[PDB]
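Okay, structure first, notes after.
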Amino acid sequence: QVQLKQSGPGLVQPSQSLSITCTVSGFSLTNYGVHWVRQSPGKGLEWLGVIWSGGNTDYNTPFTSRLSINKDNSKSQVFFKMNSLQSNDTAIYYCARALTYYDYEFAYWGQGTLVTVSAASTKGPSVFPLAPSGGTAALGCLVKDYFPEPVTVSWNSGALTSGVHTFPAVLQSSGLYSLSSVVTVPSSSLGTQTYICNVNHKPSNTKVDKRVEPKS
Amino acid sequence: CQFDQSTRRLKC
Amino acid sequence: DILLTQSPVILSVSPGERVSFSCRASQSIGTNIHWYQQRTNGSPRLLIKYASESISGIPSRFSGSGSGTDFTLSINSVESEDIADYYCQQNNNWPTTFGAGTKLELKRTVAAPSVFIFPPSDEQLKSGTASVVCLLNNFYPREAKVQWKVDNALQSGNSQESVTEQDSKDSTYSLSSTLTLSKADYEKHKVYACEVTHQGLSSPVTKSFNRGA
């Protein structure tokens with residue numbers, strides 16, 4: 001199983017540096033290069049650079065002065081660092097591996113790291129119930145006032161997926177995000193089945209498990 | 001369209 | 001660098017149809033083009049390499065063709081699970097570059113929303129703010145109008161909407177509208193209503209609650 005797992009998302013202050021770790025498994029860094037790609041609103045998909053199996057690096061020309069990539073073969077870790085970030089460096093950053101040691105067809109991707117460049121402060125969410133009261137009931141969790149993105153929401157520790165909708169976050173006029181996650185269930189299940197929304201805001205290490213049930 | 005990092009989808 | 005032009009920007013199609021994506025390079029790149037799919041909240045997924053070569057694990061309905069400057073990604077019978085953005089990539093010339101993407105949208109029959117309203121929790125109220133939420137579930141098309149009325153006064157400027165991407169199983173949308181009020185304003189009024197208009201509704205649907213009931 002070839003896998004690439006990246007470090008978690010978070011905030012970088014303007015003019016400061018971004019560091020991401022890519023831990024690989026199922027192959028050796030002595031046999032394959034690892035590439036870095038980012039995806040931004042302003043420029044879409046953009047290849048940033050590569051560290052080859054032998055340690056050489058190539059960087060895309062606009063980044064040669066502020067990018068450095070290193071690795072530890074023995075730890076299966078690749079280290080990405082980019083200096084002097086500005087607001088428009090906000091993007092999803094990926095590591096990726098090609099099919100062949102020398103090529104650029106990216107068959108394997110990390111899960112991506114959302115990097116937000118902002119002078120603001122990290123803040124964890126409050127989690128409030130959206131409490132129910134045709135035969136189908138809707139319930140949910142309101143995940144309010146957090147920064148930066150993202151938050152993950154699951155229901156019943158991932159066991160409940162059918163009928164779940166987790167909406168895109170909205171930026172409120174306060175500069176903080178909010179989102180809701182909802183699920184529809186049989187109304188006769190509200191007495192005996194427990195419904196828990198599991199909220200994780202990794203930038204602030206805030207985890208909340210919130211039971212949602214009809215109110216008295 | 002424009003890429004939206006909250007959904008990883010093009011927003012048009 | 002090589003510029004890649006993808007067309008159309010939005011590709012709207014009916015399920016079961018053959019669909020074709022265009023990727024055109026600013027100069028000849030031989031067959032050095034690769035294609036990727038990106039689903040909601042996902043990382044890019046390699047579909048086709050070197051214009052036409054298949055990838056292990058990718059459904060057989062995906063294929064590719066072309067050489068020189070004009071390239072085509074094809075899905076021979078599109079499914080709801082194909083809702084995604086599609087990107088081409090060239091690597092005939094350093095540095096490798098990507099196209100801007102084509103968004104694939106799927107047509108389906110009209111479906112009216114199911115509407116649900118949620119009052120603020122007492123937990124939130126002791127923070128000084130009230131969020132009232134209106135849910136429109138599993139509807140098509142995406143266009144819908146949600147109007148808030150508080151004691152029959154139309155609210156303007158204090159709500160925000162969020163819409164999901166198209167669902168990969170049934171091609172519908174859902175929408176959440178959040179009305180934000182100070183606790184003081186919330187406690188001064190009684191009737192809270194969400195009124196929904198949509199192509200699949202012959203007349204508007206109103207869901208409401210009375211504060212303190």
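Labels below follow one simple rule: chain letters A, B, ... track the order of the sequence lines, proteins then strands, and each chain is numbered from 1. Computed over heavy atoms, backbone and side chain alike; hydrogens, waters and symmetry mates excluded.
Going through cetuximab, pembrolizumab, tefibazumab, zanidatamab, the drug at chains A and C turns out to be cetuximab.
Binding site of cetuximab (chains A and C), heavy atoms within 4.5 Å: B/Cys1, B/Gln2, B/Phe3, B/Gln5, B/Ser6, B/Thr7, B/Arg8, B/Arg9, B/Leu10, B/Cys12.
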